[PDB]
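Opening notes on darunavir bound to protease RETROPEPSIN.
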2 protein chains.
Amino acid sequence: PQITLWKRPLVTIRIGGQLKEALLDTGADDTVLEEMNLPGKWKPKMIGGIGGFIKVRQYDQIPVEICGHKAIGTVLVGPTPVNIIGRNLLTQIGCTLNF
Amino acid sequence: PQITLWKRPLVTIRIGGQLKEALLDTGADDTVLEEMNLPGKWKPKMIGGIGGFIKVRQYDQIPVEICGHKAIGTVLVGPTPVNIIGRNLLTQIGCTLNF
Ligand SMILES: CC(C)CN(C[C@@H](O)[C@H](Cc1ccccc1)NC(=O)O[C@H]1CO[C@H]2OCC[C@H]21)S(=O)(=O)c1ccc(N)cc1
């Protein structure tokens, strides 16, 4: 799709079998989801945002379907204010910015 | 033009007659720039992201050019680690997400 920006670019995703809403976030290097259970191994990591640093759980090589487009990559889980889809997955689905 | 998301979507902007590098950020409601001493009235605000909140100064109706496209609107100024062009100005320069 082409998505304009007069509203937040919120989309439905599928992950670990479940639906969620998430924000397409070109200013995020990484995909960060609010607290949820995912299968498999994870590693403790830290990541910084505008307000400082948080602890997250890093899950690798995770399948995520975004507006019907498939990705498989790293998902961080922790106290983000909103689920965000970062560039690690936006690149997989072929996103670009256009003006 | 089209901006890839393999790397951070940094572009040149002009504001308050300084040229700066800033992120084209679909995840940001409002534009936030690194600390700078702009002229004019402002109002305090808190904005929140990963890690919590920062305090910023809200300026209104500031001219900002972004890759040669003119815009004018709200600019927040405070201790962000990166200059961020948010949706308030992205719409004004014609920016969409596409996949
Ligand atoms: C978390 C979003 C809902 C909101 N943020 C925009 C977001 O794009 C920031 C923008 C950003 C970018 C760099 C540093 C701080 C903030 N990215 C971010 O937090 O990404 C994190 C996940 O991937 C990592 O890569 C970048 C930081 C990590 S935000 O910076 O907090 C923000 C909040 C309010 C406004 N008006 C402006 C910006």
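So you know, we letter chains A, B, ... as the sequences are listed, proteins then strands, and number each from 1. The header says X-ray crystallography, 1.2 Å. We count ligands from 1, going down the list as the structure has it; atoms in each ligand are counted the same way. Note: hydrogens, waters and symmetry copies are ignored here, and every other heavy atom, side chains too, is used.
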TODO: Point out every copy of darunavir in the model.
DONE: ligand 1
Task: Chains in contact with darunavir (ligand 1) (heavy atoms under 4.0 Å) - done: A, B
TODO: Please say whether B/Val32 places an N or O atom under 3.5 Å from an N or O atom belonging to darunavir (ligand 1).
DONE: no
- [ ] Using a strict 4.0 Å cut-off to heavy atoms of B/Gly27, name the atoms of darunavir (ligand 1) that fall inside it.
- [x] 2 (C), 3 (C), 4 (C), 6 (C)
Task: Atom indices of darunavir (ligand 1), in the order listed, that fall short of 4.0 Å to a heavy atom of B/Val82 - done: 12 (C), 13 (C), 14 (C)
- [ ] For B/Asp25, counting its heavy atoms only, list the atoms of darunavir (ligand 1) lying under 4.0 Å from any of them.
- [x] 6 (C), 7 (C), 8 (O), 9 (C), 10 (C)
TODO: Give the source organism of chain A as listed in the PDB entry.
DONE: Human immunodeficiency virus 1
Open item on the list: Give the atom numbers and elements of darunavir (ligand 1) that come within less than 4.0 Å of a heavy atom of B/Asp30.
Closed with: 35 (C), 36 (N), 37 (C)
TODO: Report the part of A/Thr26 in contact with darunavir (ligand 1), treating N, CA, C, O as backbone and CB onward as side chain, heavy atoms under 4.0 Å; options are side chain, backbone, both, neither.
DONE: neither
Open item on the list: Could you pull out the residues near darunavir (ligand 1) at 4.0 Å? Heavy atoms only, by chain and number.
Closed with: A/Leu23, A/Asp25, A/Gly27, A/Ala28, A/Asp29, A/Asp30, A/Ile47, A/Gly48, A/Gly49, A/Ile50, B/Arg8, B/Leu23, B/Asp25, B/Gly27, B/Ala28, B/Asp30, B/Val32, B/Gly48, B/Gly49, B/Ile50, B/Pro81, B/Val82, B/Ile84
